[PDB]
Every structure is written in C-alpha cells, then in structure tokens.
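This file shows Estrogen receptor complexed with diethylstilbestrol.
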Amino acid sequence: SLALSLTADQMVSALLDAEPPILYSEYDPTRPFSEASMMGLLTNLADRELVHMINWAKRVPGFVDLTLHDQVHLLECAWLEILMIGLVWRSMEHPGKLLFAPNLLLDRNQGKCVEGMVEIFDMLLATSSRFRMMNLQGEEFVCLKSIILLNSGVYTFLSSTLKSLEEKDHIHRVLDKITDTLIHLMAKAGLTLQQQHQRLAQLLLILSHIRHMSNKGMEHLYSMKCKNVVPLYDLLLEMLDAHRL
Amino acid sequence: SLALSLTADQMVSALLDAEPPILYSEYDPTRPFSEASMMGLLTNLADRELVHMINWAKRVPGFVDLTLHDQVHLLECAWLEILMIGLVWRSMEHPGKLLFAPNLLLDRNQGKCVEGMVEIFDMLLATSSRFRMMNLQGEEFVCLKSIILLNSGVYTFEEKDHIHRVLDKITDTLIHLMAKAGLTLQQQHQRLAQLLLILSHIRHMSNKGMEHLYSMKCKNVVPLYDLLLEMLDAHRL
Amino acid sequence: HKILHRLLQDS
Amino acid sequence: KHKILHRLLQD
Ligand SMILES: CC/C(=C(/CC)c1ccc(O)cc1)c1ccc(O)cc1
Ligand SMILES: CC/C(=C(/CC)c1ccc(O)cc1)c1ccc(O)cc1
Ligand SMILES: [Cl-]
C-alpha cells in the first residue's frame, strides 16, 4: 500500500474519502455564554474532534509507514493547526463568523466572552476572509491539511543515522507528491504556469499564518488551564502538554 | 507601485544590494558564558541588528510604498523571524553551530547556559541543517527573507492587494532563479514548496523565541535595550 | 503521550 | 505614540 505510487487523482481521492465528519456542539446551549461556558463548549468539541483527527491521520498516505513515536510527534505538534484550518475552512461561506459547528456559529463579538480570545478569533476570521478571496477549493484544502500534518513537526524530529533519516526522506517524498497533486489540480483548472506557481505559494504562505494562530492558541489554552477554566478532557490536555516538553 | 514592474533579475539585484551587514558581538574571550552574559550578548546583538533591519526593509521593493503604519505593523510582526532566518543563513557554513556573529559562534551545549534556550537552539540548528541539505542559495535566501517581511503580518493588518502583488512578484523571481539554475518544471514547484514550508517552521521558532524572551525579561537576568523592548512589546503587553 | 499512543495503536 | 521604530523608519 505504497503512497509514492499514488497518482495525483488517486491522492485527492484518498484524502477526500478520509475527511472527518463535521461535529456538533452541545445543543441549545445557555446564552449568553460565560467564560467557563464558552471554554467548555469549545474544548469539548475539540476533544471529540481530536478522536476523529487521529483516525483521519492514519488515512493520510504514508502516515502509517512512519513509526508510532513519529506518528505521535507529528500529531502532537500539528493538532491545533489542523483543528484551525478545518475551522477556517468551514467558516469560508460565512463572512464575519466562525463555524465551530453547524449549531455553533460565532462572530468576533462572542469571542470577547473569553479573555484574550477575541484576538485569536480575529486572526481566524482574517484567514477565512483570505480563503474566500482566493476561492480555496476542497481538493486544495485537503491537500493543505495533509501538508500540515507531515510538515509541522518534520524537523522537530531528532536525527539518528539513516534510521531517523529514513523516517524523514519518506515524509519529504510524500510532501513532494502532495505538491505535484496541488499543481495538478491547478493545471486542470486551466491556470497558466505563472498562475500555478503564484497560487501554490499563496496557499503555502497561509500555513505560516496557521502555524502562528496555533502557537497563540496553544499559549492561550495553557493560560486558561492554569486559570482553571478548562474542563478535564484528558486527550485534549495530554496533547496540550506535548507542547511543554 | 514601482516594484511591480521590476524584472526578476532586477528584483534579485535590489534584494542582494539591500542586504544588512554582518555585525560583531562584544569582544571577550571569556568562556564559558554565564546566563546573564549570554543573554546580554544575544540581546545586545539583536538590538543593534534591528537598526540595520529597518534600513534593509526600506530597500525591499514595495515596502516604502506602504504607509508608515503598515510598515510598522509588518516589522513588528516579523522582526524575530527575520533575525532568525538570517542567523540560520549564516550558520549554514558551520554545521552544528549557530553563527550569531563571526566572533560569537555557539553550539547547542552553550545554549544550555540559559534556561530554556537549548530548545530554541535545537530548532535553529535543525533549520540550518535543512537549508544546507537543500543547498539554499543566497539569491533564494534574500527572496525568502523579503517574503517573511511582507507576509507574516499581512492578514493581522488596498494595501493588502499591493503586498499580495509584490508577494507574487517574489514568487515569480524564485521560480525564475530555479529555472535559470536548470531545474525541471516539476523540480521548480517542488523546491518552491519545500522552501515556503520552512517559513512555517521559522514562524514557529519566532513564537517560541518571543515567549522565551518575554519570560527572560520577567526573570530580569539582564536589562533589555529600548528598541528590542519596543519590538517585543508589540507581541505582548 | 498515553491516550494518543493507544488510540493510534488501536487496530 | 513615540517609537524608536518610527524615527528609524522616517530617517
Ligand atoms: C479557537 C477555539 C479552539 C480551541 C482549541 C481547543 C481553543 C479553545 C480554548 C482556548 O483557550 C484556546 C483555543 C478550537 C476548537 C475547535 C476547533 O475545531 C478549532 C479550534
Ligand atoms: C535566539 C537568540 C536571539 C534572540 C533574539 C533577541 C533571543 C535572545 C534571548 C531570548 O531569551 C530569546 C531570544 C537572536 C539574537 C540575534 C539574532 O540575529 C537572532 C536571534
Ligand atoms: Cl460527536
């Protein structure tokens, strides 16, 4: 079940088919929200999404080839990035609001309910605005999401002879394949060569902002943790701790 | 804009000519360093480098076309990323070491001298290794550094349209350099992607470093210079 | 890295 | 407000 053999169309197909479902938040929640209130809803949804994310990762071409320790590291480093790009993606057709869930559509004003959270909401909205301006496509989105998984912690990985060096070139080869896929999709859309490279760069630069939001969000979450405002969701907490060691 | 009509070669020439100088750290053969001495040398160097970074920014095609406010925003957002990619760049010739300055070449062991610093050093060392492994060229480096300046704060900001256009021009310049070097069309987009993905890692190192600097500021092991503090506060209080 | 480990292990 | 950055950028 090699991934280096997959064709561009096959790659997209696999990714699209591996897509996780869109989860619902607690129904008919009490409004207006309180800090501990919004925090609970958001982290509860995240904790449940993480379970699906882990199982989605196993479906990302080449991911299963890596060692468990390597799979663990990649996900621990990229989980919030992956949650955020999915969020931004769902909010695309909803200017001004973040679609955390079909029954949880929030705007920047609701972000003020949690201290320091409005800053994060604004960055998320700006990114969604950016996706809209570019008219980001689903095929491109699933490609970008897989890139985040494979790339975010690819260097944070320790070197150890051809050993670790093996679980590195393989990742880079796959990453290269996703690049070919992206270019393939753009070419099929009739984009000129110059337009293809320009769009490819535009899409990848987005990942820089996504990493930035994850860093800020992580710091913020760890902040809410100490303030004892985050419910006890083990998986979520575990992953958050990974960003402390 | 005037940078929008520049050719790829014209773009590369402008960038290479705007390169800031390589500064020196305070001379002193006293080794090893203490937490305070290391912190003092690193922050003193950065503060001096920031002055030259501001002049360099002014020479990046398209930057002065922005209002002062926009210029301020971009620099406040990307300053550590820019110092870091520069550090990583000059460290390429010194595998396993970080060349902060010609008279200040440090290894990961010396990073341990400051609590929490070794983790940042490791990320920096890994990035330098990646650049070396990729055989990153100076012309590619100047393009990447300018991309950071124009991209990092581009969303958290009419002006975005101008920046996006200049950003596209640099992409055109990168592909041009690769084509000229003999890479196939496929090797070109593959390399462009590899290069741009590293900017995600540079952003990560900057946020970790910003957190660390602010933490070191609170521990107050040494006073920070005014310009550096200004740049740091832009991210914190 | 316990729960993630196990959840990733789950066959 | 007054920023050293403003002065250097305006030189
Ligand atoms: C931005 C809110 C958030 C998170 C991730 C848990 C969050 C929550 C509380 C904080 O203090 C910081 C971030 C999140 C939740 C679900 C998603 O699909 C995407 C992002
Ligand atoms: C990583 C060290 C560092 C900085 C920036 C001042 C630093 C110093 C102390 C800290 O606690 C954190 C970061 C730096 C200094 C000069 C450069 O050209 C590049 C990076
Ligand atoms: Cl559910």
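The chains are labelled alphabetically, A first, in the order the sequence lines are listed. Here chain A follows the PDB entry, giving residues 305-549 in order. All chain B residue numbers match the PDB entry; in order, they span 305-461, 470-549. We number chain C the same way the PDB entry does; the residues here are 687-697, in that order. Here chain D follows the PDB entry for its numbers: 686-696, in order, are the residues you see. For the numbers below, each heavy atom of this structure counts, side chains included, while hydrogens, waters and symmetry mates do not. Method of determination (from the header): X-ray crystallography, 2.0 Å. Numbering of ligands and ligand atoms starts at 1, following listing order.
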Could you point out every ligand or chain corresponding to diethylstilbestrol?
ligands 1 and 2
Can you list the other chains with a non-hydrogen atom under 4.0 Å from diethylstilbestrol (ligand 1)?
A
What protein heavy atom sits nearest atom 8 (C) of diethylstilbestrol (ligand 1), and how far away is it?
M421(A) CE, 3.9 Å
Closest protein heavy atom to atom 15 (C) of diethylstilbestrol (ligand 1), given as residue, atom name and distance to 0.1 Å
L346(A) O, 3.8 Å
Hey, quick one: which UniProt domain of chain A is doing most of the touching with diethylstilbestrol (ligand 1)?
NR LBD
State the atoms of diethylstilbestrol (ligand 1), each with its element, that fall below the 4.0 Å cut-off from a heavy-atom position in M528(A).
11 (O)
Look up the source organism of chain A in the entry.
Homo sapiens
At less than 4.0 angstrom from any non-hydrogen atom of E353(A), what atoms of diethylstilbestrol (ligand 1) do you find?
16 (C), 17 (C), 18 (O)
For diethylstilbestrol (ligand 1), which atoms sit closer than 4.0 Å to a heavy atom of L384(A)?
5 (C)
Tell me: protein heavy atom nearest atom 6 (C) of diethylstilbestrol (ligand 1), and distance?
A350(A) CB, 3.6 Å
Would you mind listing which atoms of diethylstilbestrol (ligand 1) come within a distance below 4.0 Å of any non-hydrogen atom of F404(A)?
1 (C), 2 (C)
Atoms of diethylstilbestrol (ligand 1), numbered as shown, that sit under 4.0 Å from any heavy atom of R394(A):
18 (O)
Identify the protein heavy atom lying closest to atom 11 (O) of diethylstilbestrol (ligand 1), giving its residue, its atom name and the separation to 0.1 Å.
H524(A) ND1, 2.7 Å
At less than 4.0 angstrom from any non-hydrogen atom of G521(A), what atoms of diethylstilbestrol (ligand 1) do you find?
12 (C)
